[PDB]
Chemist: 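A single structure is presented below for examination.
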Number of protein chains: 2
Amino acid sequence: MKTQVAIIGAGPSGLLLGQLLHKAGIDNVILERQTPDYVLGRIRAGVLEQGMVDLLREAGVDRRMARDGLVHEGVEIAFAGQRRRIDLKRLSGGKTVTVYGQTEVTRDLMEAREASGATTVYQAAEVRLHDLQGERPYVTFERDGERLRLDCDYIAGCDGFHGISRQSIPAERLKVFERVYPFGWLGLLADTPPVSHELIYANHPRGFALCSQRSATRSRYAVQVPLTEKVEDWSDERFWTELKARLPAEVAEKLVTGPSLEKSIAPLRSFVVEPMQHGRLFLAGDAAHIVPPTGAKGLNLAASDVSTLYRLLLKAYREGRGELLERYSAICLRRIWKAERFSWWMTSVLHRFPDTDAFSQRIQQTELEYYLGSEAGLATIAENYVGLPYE
Amino acid sequence: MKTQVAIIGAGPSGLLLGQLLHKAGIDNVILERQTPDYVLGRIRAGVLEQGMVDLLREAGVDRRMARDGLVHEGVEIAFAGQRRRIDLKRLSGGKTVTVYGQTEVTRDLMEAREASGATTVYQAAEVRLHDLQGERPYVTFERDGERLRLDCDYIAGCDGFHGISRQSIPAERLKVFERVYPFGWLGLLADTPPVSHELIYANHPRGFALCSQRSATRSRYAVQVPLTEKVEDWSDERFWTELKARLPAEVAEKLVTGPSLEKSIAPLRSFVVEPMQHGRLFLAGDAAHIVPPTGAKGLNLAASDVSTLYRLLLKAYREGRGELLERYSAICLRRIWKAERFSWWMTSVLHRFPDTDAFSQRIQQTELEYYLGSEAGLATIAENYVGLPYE
Ligand SMILES: Cc1cc2nc3c(=O)[nH]c(=O)nc-3n(C[C@H](O)[C@H](O)[C@H](O)COP(=O)(O)OP(=O)(O)OC[C@H]3O[C@@H](n4cnc5c(N)ncnc54)[C@H](O)[C@@H]3O)c2cc1C
Ligand SMILES: Cc1cc2nc3c(=O)[nH]c(=O)nc-3n(C[C@H](O)[C@H](O)[C@H](O)COP(=O)(O)OP(=O)(O)OC[C@H]3O[C@@H](n4cnc5c(N)ncnc54)[C@H](O)[C@@H]3O)c2cc1C
Ligand SMILES: Nc1ccc(C(=O)O)c(O)c1
Ligand SMILES: Nc1ccc(C(=O)O)c(O)c1
C-alpha cells in the first residue's frame, strides 16, 4: 500500500494531524499498535489552550466541544492557609482556557476519522521505519501474521514516549535533555460533583493536591505521592482522606466524595530531544518531549507541534515548498522550551521535595507570595497558563 | 556614660540610624571596633534604591549625593550574543535607581555626625552586651586599657555579619536559614571611564561579568571566580583579559582599561536569622541577613531595616508606644524575604554553576529568554530591581 504521509500512533497527535491533512487533500494512513478501546481507556489531560480549541475547530471536529467543554477564566492556588485566585481573562489580555477531557478529544477525532473513510490500521504490530533519508522511505508492520509494506513520502512519529520513531533516528544525531522528579501523581476520576467551578492547585506540607473537573457531575483529582507507591495500596477511602488533609478546610468540607472510575500513578519527568526530525521522519507530541503535568502543557504542545507539521506539509505538497520542512524543529523547539520552563516552575513551587533545607522552603513559599501578590507576577503565570501565542 | 540608644558598628547602618535619631532628639552613642580610615577603605556597593535616596535626604545628608550620584533609568543583561536593555523608569511605573558609592555614603554620614557633635567611640575594643532582657541593659568595651560601661535603654546591633550582637542572642532563640554559593566575585575599582552609561550584567560560559561605574572617570568591574582563587593570583592584566573574554565584542572593544585602585574577592552567600531581636537588642543590616551581591540588595536592606527601627523608636520615645517595637522583626522580614528571593533568582540566571547538566543549562538560558522577552517578565525584574515599596 502507498500513501503520502504515514502516521505512527493514533493518540490525539496522530488523529489531529491525520484529520487536518485529510481535510486539505493530503492522504495519510495511521498505524496504531493497540485497539480503539485501549486508546480510549486513557484518562490523562483535561485542560486545553485557546490555540488547540481553535485547531480543533479547524480540524472540523468541535461540535461536541463547543457544547460540553467548559470555558474557565481563572484558577486558584492554595498555600499556607490562603487561597489565591488568578483571573486569567484580564491578566492575559482576554484569553481563557477550555476544560474538556483528553479521552473526549480522542473519541471525537476518532469518530470524525472513521466517517471520513480515511485509512486507520489498528493492531499494527512490530512497526519498523526504513529509508528515512531516501526519497521513498517505507514502513513495515504485521497485521495478524503478514508483514505488510507501506510506501510514503513522509513519516510522522506520533507514537508517544515509548514509540518506535525516536529509536529509529541514529542516537549520535539526537541530543537528549532530561529531568526525573522524585515523585509522581496518583490520579483519580470519579462521578461526583466537583468541589469548585474553577481548578484548585494546592501546595501543602504533605504534598501537592489538585482539584479538577470533567463536567458538572464528574471530577478529576490528583495528589503527589512517592515513586515507591503502588496504586493497589491506595484504597478510595485512603485517597479522599489524603485529599481532604491537603486542602483548605473550607474546601475539604464541601467535597462530595465517591467511588473511583479510574485511578493510576503517573511519574513526573521533563524530556526534550534535539532536533525533532531525521530525513523524512518528523517527531510530534510525546515522541519528542515530555513535560511534568503540573502546567497542563503536554497535550497542548502535541497540538502546537502538529499545527506546525500540518502547515509545513501543506506548503510542501500544495506549494511545492519542501524546503520549509527543514525549519520544523527550530519553530517547535522555541515553544517547547518556553513551556518546559513554565511547567518546571509550576512543579517546583507547588510540590514538596524530599531533602530540602530551610532556605529553599522559605524561597518556595516566597516565590508563591511574590508571584500571587505582584500584578506583574500574576501576569507571567496567566500568559503562560492560557498558553503563549503560536509562531 | 549613659545614653538612650547604644549603636554597635559605624557602618552605613549605624551612621544612618544614629543620624536619623540624633535629628529627632533621641540621643545615641556609636561604638566602632575599627578606625575611620579602615571603614572608609571598604568599596562594596554602588547601587541605591529610591527609598534609600529619600532616607538620606531625610537624614539631611544629601547635598553631595544630589550632585555626584547618577540617576539611571535602565540596565542591560547580556547573554548568548545578545544585549537586552531593561527600561526601569517605564516598567516600574516611573522609578529609577541612583548610583553612588557606599564609601561616599559612609564619608558623607561620617562628616555629618562629626559636625553634629554626637558621640562616636572609634577603636572600641572587646564590646560586650549585658542585661538584654532587663529594663537597663548595658554595654562594656575597652578604650585603650580601661573597661568602660555604657548604660542605655536600647541597643541596635549594626555590627555586620561577624559582629558581636548576633552572637549575644541565645542560639536556641534564633532560627538560621543559609545558602553558600560555590563562587565569589573578584571586584575591581579603577580610575578609567566606564564602558557604558548604564550597568551591564553579563552571563557568559566562562562565568558572570559586571560593568559598573562610580562616576564618569571611575569604573567598578567584577567577574565571578571560584572560591579557591586568591586575589594575589589575579594581576590587573589577567583581570582585563578575563573581563574582555566574558563581554559582548562590541563592548569589549570600547573598554578603556587601566591600573586598579582596589581589588578583592567577596564570597557569595544568602543568610537570614529569625527573629531579628532579643529583649532590648534589635539587629539591623548585615548583622541579621546577607544577600548575594547580584541583586544589589545588601546596602538597600540595611537602609530599610534602619528606616523601620528609627520609626518604631520615634513612636516609643516620642509617643510612649514602646509596644510597637515588638512588631520590628515581622515588618522587616517581609521585605527581607522578598529581596532574598530576587537576589537568589538574579544569581541563578546570570552565574555559571559547576556540575550542571544539560536540562538546567537550557532552563537558565530560557529563564533569561522568557523574562527579557515578556512584558510581564521585564516588569518583575524592574519593580524588584528599583526596589519594592517600604511598608
Ligand atoms: C503516562 C502518561 C500520563 C499522562 N498523564 C497526563 C496527565 O495526568 N495530565 C496531563 O495534562 N497530561 C498527561 N499526559 C500528557 C498527555 O496525555 C500527552 O502529552 C498526550 O497524550 C500525548 O499525545 P501523543 O499523541 O503525543 O501521545 P499518546 O497519547 O501517548 O499517543 C501515542 C500513540 O502511540 C501509539 N503507539 C505507541 N508505540 C507504537 C508503535 N511502535 N507503533 C504503533 N503505535 C504505537 C500508542 O498506543 C498511542 O496511541 C500524560 C502522558 C503520559 C505518557
Ligand atoms: C565582605 C562584604 C562585601 C560586600 N560587598 C558587596 C559588594 O561587592 N556589592 C554590594 O552591593 N554589596 C556588598 N556588600 C553588602 C554591603 O556592603 C553591606 O550590605 C553593607 O555594608 C552592610 O552595612 P552594615 O552597616 O549592615 O554592615 P557593615 O558595612 O559591615 O558595617 C558593620 C560595622 O560593624 C563594625 N564592627 C564589627 N564588629 C564589631 C564589634 N564587635 N564591635 C564594634 N564594631 C564592630 C564593623 O567594623 C563595621 O563598621 C558586602 C558586604 C560584605 C560583608
Ligand atoms: N495540571 C493539570 C490540570 C488539569 C488536569 C486534569 O486532568 O483535569 C491535569 O491532569 C493536570
Ligand atoms: N549588583 C551590583 C551592582 C553594582 C555594584 C557596584 O559596585 O557598582 C555592585 O557591587 C553589585
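Sequence lines map to chains A, B, C, ... one by one, in the order shown. Numbering of chain A is taken from the PDB entry, so the residues present carry the numbers 1-391, in order. Just so it is clear, chain B uses the PDB entry numbers, and the residues here are 1-391, in order. Note that ligands are numbered from 1 as they come in the structure, with each ligand's atoms numbered from 1 the same way. Basis for what follows: all heavy atoms, side chains included, without hydrogens, waters or symmetry-related copies.
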Chemist: Which one of theophylline, fluorouracil, aminosalicylic acid, propofol was assigned to ligand 3?
Modeler: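 The right pick is aminosalicylic acid.
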Chemist: Which polymer chain has more close contacts with aminosalicylic acid (ligand 3) than any other, using its name in UniProt?
Modeler: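 By most contacts, it's p-hydroxybenzoate hydroxylase.
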Chemist: I'm curious which other chains sit close to aminosalicylic acid (ligand 3), say any heavy atom under 4.0 Å. Can you tell me?
Modeler: A
Chemist: Any of the residues UniProt assigns to FAD binding in chain A within less than 4.0 Å of aminosalicylic acid (ligand 3)? Only heavy atoms count, please.
Modeler: A/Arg44, A/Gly46, A/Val47
Chemist: Looking at the entry, what source organism goes with chain A?
Modeler: Pseudomonas fluorescens
Chemist: Show which other ligands and ions come under 4.0 Å from aminosalicylic acid (ligand 3).
Modeler: ligand 1 (flavin-adenine dinucleotide)
Chemist: Write out the binding site of aminosalicylic acid (ligand 3) as chain and residue number, heavy atoms closer than 4.0 Å.
Modeler: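 With heavy atoms under 4.0 Å, it is A/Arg44, A/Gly46, A/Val47, A/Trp185, A/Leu199, A/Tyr201, A/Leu210, A/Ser212, A/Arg214, A/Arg220, A/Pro293, A/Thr294, A/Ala296.
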